[PDB]
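Structural view - liothyronine in its complex with Monocarboxylate transporter 8.
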Protein chains: 2
Amino acid sequence: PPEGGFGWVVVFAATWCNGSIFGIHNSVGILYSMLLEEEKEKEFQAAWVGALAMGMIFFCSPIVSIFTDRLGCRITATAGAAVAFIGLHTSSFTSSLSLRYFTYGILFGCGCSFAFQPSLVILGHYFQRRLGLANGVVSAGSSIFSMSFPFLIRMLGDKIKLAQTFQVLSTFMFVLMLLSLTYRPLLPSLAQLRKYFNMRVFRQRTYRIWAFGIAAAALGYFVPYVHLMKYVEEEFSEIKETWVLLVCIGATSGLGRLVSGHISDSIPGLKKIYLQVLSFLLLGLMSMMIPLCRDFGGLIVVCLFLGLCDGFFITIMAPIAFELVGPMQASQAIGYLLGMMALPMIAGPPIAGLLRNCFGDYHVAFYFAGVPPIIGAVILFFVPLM
Amino acid sequence: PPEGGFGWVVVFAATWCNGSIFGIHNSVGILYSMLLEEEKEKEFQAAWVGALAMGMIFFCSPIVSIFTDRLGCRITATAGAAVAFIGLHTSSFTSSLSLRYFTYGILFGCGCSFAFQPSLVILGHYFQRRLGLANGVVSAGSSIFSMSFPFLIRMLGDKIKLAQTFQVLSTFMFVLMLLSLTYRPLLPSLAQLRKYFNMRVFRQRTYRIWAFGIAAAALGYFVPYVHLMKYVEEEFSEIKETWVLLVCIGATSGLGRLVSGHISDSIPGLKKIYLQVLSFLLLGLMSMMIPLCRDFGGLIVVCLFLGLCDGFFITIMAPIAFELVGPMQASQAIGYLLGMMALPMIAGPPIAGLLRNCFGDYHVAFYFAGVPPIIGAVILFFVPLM
Ligand SMILES: CCCCCCCCCCCCCCCCCC(=O)OC[C@H](COP(=O)([O-])OCC[N+](C)(C)C)OC(=O)CCCCCCCCCCCCCCCCC
Ligand SMILES: N[C@@H](Cc1cc(I)c(Oc2ccc(O)c(I)c2)c(I)c1)C(=O)O
Ligand SMILES: N[C@@H](Cc1cc(I)c(Oc2ccc(O)c(I)c2)c(I)c1)C(=O)O
């Protein structure tokens, strides 16, 4: 492992992936608004496709792993980038409703998953000892890029039209393909289903319990951002532009990603899991103490803490997987962990909204968002004892 | 050399290049017409950029060769395809006059040259004994694809608009990039200018005289198609749709490409050059006997012969270069031959038009188009004597 050098170049490519994928998805809602402007001059489906894209990313990793194991990081990443580019291109072309849904959701999500998992796998390939620092740098850069995307996307959208926006996103995907072409391998590479789906990583019950804890904790991850924005917009009004929450969340999340990437490098072994546990607990608390402040003063601090803990957890995830299962079978571990997190991630916000509708208040929604992090914290705390 | 097998796959990729490049250029005029439709609702520059693109292709081969020698066929071809894709993309975006000229001409032509020369070089890499057959197949397929392009291009253009057309051409270029990624190498790979521009191939005076003859002959290549169409449209009117000439030219050119690719495989050595000489002479005659028939009956036959000879010469070119200079330095020979042909090719049609304007009749234009082929025939006839 070079521990740097050309690895840094790979890191750049890795960044250009998270950033792009996740930024083109954080902007999905904006696109729909533009579609509404084009819906006239001649139903509630935006959320369905918006969640379908990310859900497809997560659901298709259990398989992207099969490939990256067999084919390799470069081939899988390039194929995913190509599929994403074609999805965006065909979305630009077609002017319809069902075909747009199929194209965007299926093609873009599948390509995004294929281009996303090999990035983490190759990052592990190169450093293997400073993996914490590399993951922190990648997370911080990707966060900055993803935040930056909506501004330009909305300005272009207000400028001309939707198809041009899809063209711009497609060229972004093309540049991602070109960069992903740099994942130079550095490590050795009826019964067909039994060899493609060996599920050998699911032995070593420490990984099993770790994955269970992460999956349980992910059930309350996507609530306290979208629901927090909708709740501050609806309740806690009479405030000026309410942008402080978003900006502080982003800044502290980036700083926490960098800091956690750096510090995780120091802890010897499975003690790294403790870094998650702590953060997990905080997350839960930082949710349960969101609606207890009558003024925005407490909201600023709670949002700062929320973003810091989010960055901690996000950047910490992958190095722990590589330490747990080793480098040879880290791709399978990452893929199956993402697949397991797939369902709670999409099931969280819907449950929060359903509870809000049933009770009419966001209190229960935020409490139920905060509890699963604590449950996962307990499970992960028990993990390293063996 | 496999003499086939995976080489055939490469052949397919090779086809997808000529076809695309040359088809997107044969359609350039159509695009300008569409621009004229968009010029209203709010000068004579079409020919300048249309010729600039092809001229840039030819002018930049003397260098593309340097690269393909040093970097390799795959890297150079992929870079050229990427530059072409970005050129088409930015042409789709910008709505102006000077920026469109710069983008299309410079970017598209440079990318086209970069993606074009390595195709021939790799075709030589793989077969090396059936190179005649491979070149014939490539030429026939590329001719069919290039003649097919204008129909779809014009139908889409009449459908919606120009930017969508540029998007479609850009995705064509992207597919060309993906295919060009298959050029797997099979052969070993103040003073900086003296090593990058060694010009070692320009020894072995047989190659020198061959290149001189080809350059002289190319001076009268592009006249008897564009000027022939304009002359049949202007003079020889009262005829139904005048499509017989074009269709017969294309069909016989494809058939001749295939047949010459096959037969050239049989001639042992430098005797292959004779195949050019013969065809060259015919070309000249087939020009000088264009305006001597008062009815279209002779025109059909003369066009058939013209297309047959054109296919002969086009498909024959490269195998002779590989036989002459060998496989190691065939890339430099091809690149410098293309660079030398660059100037007469662009200087021919302008001289034909100038003579037509000065005299007012196409007779002198066609005579001067036919003579240079005969001069080149004489030179190439003298070539193999040594
Ligand atoms: C302003 C202008 C800017 C210009 C832009 C910049 C241009 C310069 C950059 C050019 C790029 C750099 C050159 C690239 C070099 C590439 C060579 C290389 O590195 O190796 C190639 C790489 C690896 O080659 P390799 O050489 O390294 O292989 C290593 C093995 N040894 C060591 C033996 C050589 O090739 C690949 O493996 C990539 C395969 C990816 C396959 C993708 C195809 C998937 C298709 C999916 C289907 C999509 C269709 C969807 C269907 C939809 C249906 C509706
Ligand atoms: N807030 C994020 C959303 C987001 C959150 C989580 I947990 C995700 O799963 C990860 C993340 C990092 C890893 O190293 C691994 I292994 C899995 C993903 I993929 C996305 C965003 O939208 O950018
Ligand atoms: N009629 C063609 C025009 C065209 C004619 C000639 I001569 C060209 O130079 C070649 C051709 C084949 C070779 O093997 C070599 I080496 C050089 C090119 I490039 C294009 C078309 O427009 O398709």
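Here is the naming used below: chain letters follow the sequence lines, and residue numbers restart at 1 for every chain. For this deposited structure, the header notes the method as electron microscopy, 3.1 Å. Keep in mind that the numbers below use all heavy atoms, side chains included, and drop hydrogens, waters and symmetry copies. Order of listing sets the numbers, starting from 1, for every ligand and every atom in it.
- The parts of the structure that belong to liothyronine are ligands 2 and 3.
- Lab note - other chains with heavy atoms under 4.0 Å from liothyronine (ligand 3): B.
- The PDB lists the organism for chain B as Homo sapiens.
- Taking UniProt's transmembrane segments of chain B in order from the N terminus, the ones with heavy atoms closer than 4.0 Å to liothyronine (ligand 3) are 1, 2, 4, 7, 10, 11.
- The site surrounding liothyronine (ligand 3), defined by heavy atoms under 4.0 Å, contains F22(B), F58(B), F116(B), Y221(B), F222(B), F313(B), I314(B), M317(B), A318(B), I334(B), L338(B), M341(B), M345(B).
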